[PDB]
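Entry featuring acarbose.
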Amino acid sequence: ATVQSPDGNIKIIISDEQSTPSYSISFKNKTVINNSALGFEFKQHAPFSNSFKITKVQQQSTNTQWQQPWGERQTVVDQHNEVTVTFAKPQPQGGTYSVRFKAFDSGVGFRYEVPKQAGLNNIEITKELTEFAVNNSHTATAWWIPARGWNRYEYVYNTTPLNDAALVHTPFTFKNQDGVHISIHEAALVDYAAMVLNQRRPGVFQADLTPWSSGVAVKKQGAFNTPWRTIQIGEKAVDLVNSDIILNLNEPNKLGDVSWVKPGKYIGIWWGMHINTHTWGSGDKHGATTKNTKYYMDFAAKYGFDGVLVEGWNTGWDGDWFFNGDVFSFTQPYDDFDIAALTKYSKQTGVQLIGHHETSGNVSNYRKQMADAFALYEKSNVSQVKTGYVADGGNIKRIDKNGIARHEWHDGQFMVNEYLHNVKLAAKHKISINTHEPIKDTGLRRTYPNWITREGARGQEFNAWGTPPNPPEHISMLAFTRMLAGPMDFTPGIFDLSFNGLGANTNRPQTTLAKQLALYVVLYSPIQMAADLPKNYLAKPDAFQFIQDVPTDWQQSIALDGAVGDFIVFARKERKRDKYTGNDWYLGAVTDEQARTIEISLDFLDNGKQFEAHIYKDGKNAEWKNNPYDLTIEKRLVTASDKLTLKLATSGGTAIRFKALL
Ligand SMILES: C[C@H]1O[C@H](O[C@H]2[C@H](O)[C@@H](O)[C@@H](O[C@H]3[C@H](O)[C@@H](O)[C@@H](O)O[C@@H]3CO)O[C@@H]2CO)[C@H](O)[C@@H](O)[C@@H]1N[C@H]1C=C(CO)[C@@H](O)[C@H](O)[C@H]1O
Ligand SMILES: [Ca+2]
Ligand SMILES: [Cl-]
Ligand SMILES: [Cl-]
Ligand SMILES: [Mg+2]
């Protein structure tokens, strides 16, 4: 059986001649994915492996478009060809299952659909046999983070030969020697275990499902489907970025009117704890006080921020909070945090309190208080909540039905369901969720638009204490790996880079100032933090103007140019909403450890319109180690027929507002 992308360049052949059912993929008539197995092993049920034959193929196709409530673009086009391939094995130990393939011009998605059948009752998947056999893996290059490690998704990316990527998280991005870029991920991860990729024979990446503590991967009753497995394929690195395949593979919005989900910018009592000017726990340096929160709300009201995150407001942080998962209260504030007073102040100032639920990994203590916690927040005019699950890999703590503690993975079926329960319950309170230490993004924001963002990668916080901090190449790695999954709460915008000293050997963002501004356009998120202490913004008001101006919701986005681990350039057009007319374009560019010159056409600008470019760029002598603050801000009239030369300093960047005139 064969299905092809609409343009014909991606061709998938589904076969039953190998020991198992299998598939392979060519791009422009060169094989990029060799014969790759399909099937399942179960704890008790007989396997779905060899001796299955194709009995039926059903072809259909889609050419439609839909509108996002918020996002990186307003209109999403869905054009694909589809085939459902049915496999059957005769008894004894027979069975049937289908695999549905969707072929887009930018990649392919497939999932298993196992129908109701005799003897398929309570089953436990112990292995998914799905492979991704990369052709010519010995000359391919990969950029990846390890899976099943103690620090979850929070690793810097490795640059290695593909054959050295032994056990990896997704999105898993690599290029072959032809320069074709490929990224493997999944979409609509619901009631199932996350897929890790386990390289078996060289180049053969086998699905490795993150298990329950008991050892099985997925518990199902009767007929079931898997999430989608996704393979993005493009001639250029930016072709991976500019695809909507992850969103297109998710179910449509199930929450109805979601106008109560508000993209915007926020600040927080937050960074001070990370740089040790404040504590989460009580005492003379406690961050979360009524006085401090009101001071931040005043700043937010004056400078155009929608909300103030406050961490450490609830009892349970005293001592070593990493170990306090059992004792956190999610309803009882510290005595110096007056939530009724701050509720009144929120209405006075128009600035909202952003809630915070850190679990330190104990999800049962959170679950038992969750309904009361969200009721308190709804009563308190809180519309967004940041959640947290700080614990080492495999050390989520739950209490089972018999009162016995079990350790689970953040990305097993148990936690996959636990996260979605939190999001769905929050939606009943008109609360949106920003998940730290999350499950990776698989596009579920389409189905549940209050799941607005997540961390799930090393963000700005590792630049306060990472030892080492994020390297100069980190952003240009994220853009082609983590950011392919969906929005990230990176908390950009650190203006004081000197709190630990300058140079290359201290814990600090290893970037220039202009690169911090560029992050607001390079790293998409519907909520963007201005992460620094307010006084540090007041010290640099001209630079701060870009953060005040920049939107977080876009009617269109285009990655114009880039290379994994080297650089990326984004142009985005603001969505018409709130103060934003919908006429301005924005650009952000960042580089890695190397200074880079990038030539950019401005032909993304609307034809026949005049713009005033407000350009924030590295100064002539800027360099991140000892001269990160040199900055030039320039105004220049431009139209779509003009061009720009970006001159990025070492770990530098450029941010531009293209202000539409009249
Ligand atoms: C807050 C942060 O905690 C976790 O990271 C911490 C490590 O678990 C600690 O072992 C500790 O080790 C670092 C050392 O400073 C240094 O010796 C280095 O060599 O190794 C470690 C760096 O990996 O320090 C870390 C921070 O204290 C956890 O992994 C991380 O994701 C947590 N971030 C969330 C927690 C809070 C509180 O709710 C929020 O403020 C953040 O925004 C969250 O993302
Ligand atoms: Ca974190
Ligand atoms: Cl994580
Ligand atoms: Cl960084
Ligand atoms: Mg590089």
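Along the sequence shown, residues are numbered consecutively beginning with 1. Order of listing sets the numbers, starting from 1, for every ligand and every atom in it. Only heavy atoms go into these numbers, but all of them, side chains included; no hydrogens, no water, no symmetry mates.
- Lab note - all copies counted, acarbose located at ligand 1.
- Going by contact count, the macromolecule most engaged with acarbose is what the PDB entry calls Alpha-glucosidase.
- At 4.0 Å, heavy atom to atom, the residues around acarbose are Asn151, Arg152, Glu154, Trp270, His274, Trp280, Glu311, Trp317, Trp321, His356, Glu358, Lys386, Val390, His436, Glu437, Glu455, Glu461, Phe462, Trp465, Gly466, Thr467.
- Within the 4.0 angstrom cut-off, atom 12 (O) of acarbose has no protein heavy-atom neighbours.
- At a distance under 4.0 Å, a protein heavy atom can be found next to atom 33 (N) of acarbose.
- Scanning out to just under 4.0 Å from acarbose turns up other ligands and ions: ligand 2 (calcium ion).
- In this structure, atom 41 (C) of acarbose has a protein heavy-atom contact shorter than 4.0 Å.
- If you number the atoms of acarbose from 1 as listed, the ones under 4.0 Å from a heavy atom of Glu358 come out as 35 (C), 37 (C), 38 (O).
- Scanning the protein for heavy atoms near atom 19 (O) of acarbose, the closest one is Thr467 O, 3.4 Å.
- For acarbose, the atoms closer than 4.0 angstrom to any heavy atom of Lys386 are 39 (C), 41 (C), 42 (O).
- The nearest protein atom to atom 30 (C) of acarbose, hydrogens excluded, is given as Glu154 OE1, 3.5 Å; this is a heavy-atom distance.
- Those atoms of acarbose with a heavy atom of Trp317 less than 4.0 angstrom away are 37 (C), 38 (O).
- Checking only distances, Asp392 never comes within under 3.5 Å of acarbose, N or O to N or O.
- The nearest protein atom to atom 39 (C) of acarbose, hydrogens excluded, is given as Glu311 OE1, 3.4 Å; this is a heavy-atom distance.
- Close contacts between acarbose and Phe462 involve ligand atoms 23 (O) [criterion: under 4.0 Å to a heavy atom].
- Taking atom 2 (C) of acarbose as the reference point, the nearest protein heavy-atom neighbour is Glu461 OE1, 3.9 Å.
- Between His356 and acarbose, at least one N/O pair is under 3.5 Å apart.
- Under a 4.0 Å criterion applied to the non-hydrogen atoms of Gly466, acarbose contributes the atoms 18 (C), 19 (O), 22 (C).
- Some N or O of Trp270 is nearer than 3.5 Å to an N or O of acarbose, by distance alone.
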